[PDB]
Number of protein chains: 2
Amino acid sequence: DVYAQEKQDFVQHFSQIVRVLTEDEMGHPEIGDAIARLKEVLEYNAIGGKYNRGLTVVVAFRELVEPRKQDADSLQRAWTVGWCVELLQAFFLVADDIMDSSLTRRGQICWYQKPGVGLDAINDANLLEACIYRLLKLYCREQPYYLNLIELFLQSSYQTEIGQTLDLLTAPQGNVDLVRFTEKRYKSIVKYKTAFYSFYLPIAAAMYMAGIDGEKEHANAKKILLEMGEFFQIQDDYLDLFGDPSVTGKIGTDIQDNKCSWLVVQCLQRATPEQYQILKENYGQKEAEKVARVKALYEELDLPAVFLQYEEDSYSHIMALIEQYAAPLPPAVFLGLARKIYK
Amino acid sequence: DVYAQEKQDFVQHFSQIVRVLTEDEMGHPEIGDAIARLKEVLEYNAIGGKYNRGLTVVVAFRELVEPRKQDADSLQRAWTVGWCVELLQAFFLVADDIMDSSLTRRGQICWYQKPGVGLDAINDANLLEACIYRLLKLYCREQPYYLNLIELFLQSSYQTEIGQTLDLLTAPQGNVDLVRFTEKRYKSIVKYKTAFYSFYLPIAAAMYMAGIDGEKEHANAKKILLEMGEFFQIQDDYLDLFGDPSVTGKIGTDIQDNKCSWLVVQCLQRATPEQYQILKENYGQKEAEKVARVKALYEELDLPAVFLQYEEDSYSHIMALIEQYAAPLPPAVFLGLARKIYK
Ligand SMILES: O=C(O)[C@@H]1Cc2ccccc2N1C(=O)OCc1ccccc1
Ligand SMILES: O=C(O)[C@@H]1Cc2ccccc2N1C(=O)OCc1ccccc1
Ligand SMILES: O=P(O)(O)C(O)(Cn1ccnc1)P(=O)(O)O
Ligand SMILES: O=P(O)(O)C(O)(Cn1ccnc1)P(=O)(O)O
Ligand SMILES: [Mg+2]
Ligand SMILES: [Mg+2]
Ligand SMILES: [Mg+2]
Ligand SMILES: [Mg+2]
Ligand SMILES: [Mg+2]
Ligand SMILES: [Mg+2]
């Protein structure tokens, strides 16, 4: 619930973020048109979501930083670092949507699918990434955690890109080979493509801002955070096909994209020799009839009920990890995050 | 000539760079396939060029750093930073080729056009960028210029992306409006899209490694370097159409891509009302006949002779800037670079 009481101030900070990023134009009028494009990119791709990853930085900041140190400037920096996380997210999603041939995101047409944008979105994505470091220098350059944050964001990007590489390599277009969709491969993919930037990153950022830079403290937090991230991507895969379109704001493409989704992995582990053949002949193709066939097989194997059971077991597992690794950090930090991802 | 005597050791260092980047796999076997992809990306996109931008770092390093300080480890770091520049280059070119719809680069098919690669190249490009910061941390983390280099590379990337944004915004596909192709717009585009990363970056990196971090010294160097960069992009535009394919290693696409090329700008300034109409009806289109028409108009306006004259005048201008701004740096640093770009 701490997220709702911090959201407003966090979202209102976006205006300032845009202002500060588009104030590099006054000193260099010649790049005005580029700065205008940037503003359009930011407003279209950084706004429209729930902002939970960025909000996590803020929430954790206020729970880790002693009130007497939560001055106006410190809070400002916290809101900025939180937006940097949202920008990192935006950067990856713009590119991910092109690579996954997606149609919508956050209830609107994907940026690259917008008339007049197309592949220019690739550079737009690179600009969003660049903005992260511009804001860090502008707001935190004099802070003792400056270098830690720069390296954290850079490291998190590398891990995410390694993950994306695995994601794409395991899903060759027009090349269906179910044998590569194993539980071990799946866990490695999601750990790198989602767990680091969506969960470890936000909390780690707040920790560094709070002066908590101990390798041990970060390792223990990551123990909890990477497990939550795994659950989050599984839930993401589930929703890709069984989620309510009006709620997810995006059209699923995992089956058509031949992805190593939690669903197909669960399918292969429960499928009979016959069902296996059906999956093999209908997976990884654009034909709506073939996709529908795969979904029918998943429903026949009660995958939705399987996911619901996994969600409960996962929840209990994550809570167990919190009892073990939260200390010396306030359990609320992890509990609040968990409450946000589990229903 | 100092470039030829440093090339060998610089190129042989590539093996080590790859080794070090693919040694993050031993500790994390799960990302092996991703690391293998990375190696393939690096070998295909970081090797095959002249390596002059990276070599510039090395050459400048040995001319700025006192011999007694050019120890084995220091030289190693120099070769690494030089490769970081080549990787930054690779990152931008992989994406630039997709965005410019290019066919070949360095005498081979563009990475994204390789069968089986396609838009996955977007993430490959992001990985190359990430490698820069991984090498900087691995080789220079303990150096006093560490943060300076990190910020230099990040800043240079932002400037290049701003430039690319201008490049793309001024060249809307299927939307020909010659009125936007002005000399002022052209100079701003090339300053940001090429001058910073190809010329200021390499020299600035070597300066920081040599302990030269003065804002004044960097500003004076940039005065010379940004002007060389402008000349280099003009020459790049000239070669896009009039260059020897077997020498450039790439197929020109500026006319088809409706680009604000130095050529079209020079054309508009010398074109008669009639020639202007011919340009307008044939520019920015894929039809080989229409492209040929534009080239004929350029040859009719003696643009090739115009470029040759500009090259001589530019050379004299750059040399004049060196007499004025080289000090206290060795003039050879700039002269060597100039000898490399001017014939
Ligand atoms: O609702 C959304 O927009 C995303 C999609 C989703 C599906 C199920 C559960 C949570 C969420 N989300 C979400 O943001 O959850 C909160 C969160 C917090 C930190 C990191 C990732 C997600
Ligand atoms: O030959 C090449 O591969 C590129 C293409 C080219 C055309 C004309 C003149 C120089 C060059 N090059 C080049 O690398 O020149 C040297 C250089 C040095 C530092 C920064 C950029 C280019
Ligand atoms: O399913 P993906 O991994 O592509 C996704 O979750 C994005 N993503 C990319 C890396 N991590 C997550 P999205 O469904 O939002 O398209
Ligand atoms: O002409 P471009 O600017 O696209 C080019 O010079 C690449 N580039 C991109 C930014 N700076 C230079 P290339 O002709 O190598 O495709
Ligand atoms: Mg996706
Ligand atoms: Mg994806
Ligand atoms: Mg998904
Ligand atoms: Mg190009
Ligand atoms: Mg280009
Ligand atoms: Mg060119």
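Each sequence line gets a chain letter, starting at A and going down the list. Here chain A follows the PDB entry, giving residues 8-350 in order. Residues displayed in chain B correspond, in order, to the PDB entry positions 8-350. Order of appearance sets the numbers: ligands from 1, and atoms from 1 within every ligand.
The chain sharing the greatest contact count with ligand 4 is, according to UniProt, Farnesyl pyrophosphate synthase. Drug identified at ligand 4: zoledronic acid.
Chains touching zoledronic acid (ligand 4) with a heavy atom below 4.0 Å, listed by letter, come to B. With distances taken over non-hydrogen atoms, the option nearest atom 13 (P) of zoledronic acid (ligand 4) out of B:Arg112, B:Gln171, B:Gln240, B:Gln242 is B:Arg112.
Lab note: per PDB, source of chain B = Homo sapiens. Closest to atom 3 (O) of zoledronic acid (ligand 4) by heavy atom, among B:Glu168, B:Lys200, B:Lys266, B:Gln96, is B:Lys200. Intersecting the UniProt dimethylallyl diphosphate-binding annotation for chain B with heavy-atom proximity to zoledronic acid (ligand 4) (under 4.0 Å) gives B:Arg112, B:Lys200, B:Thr201, B:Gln240, B:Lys257. Of the protein's non-hydrogen atoms, B:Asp243 OD2, 2.7 Å is the one closest to atom 6 (O) of zoledronic acid (ligand 4). In this structure, residues within 4.0 Å of zoledronic acid (ligand 4) (heavy atoms) are B:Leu100, B:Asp103, B:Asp107, B:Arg112, B:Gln171, B:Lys200, B:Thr201, B:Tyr204, B:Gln240, B:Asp243, B:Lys257.
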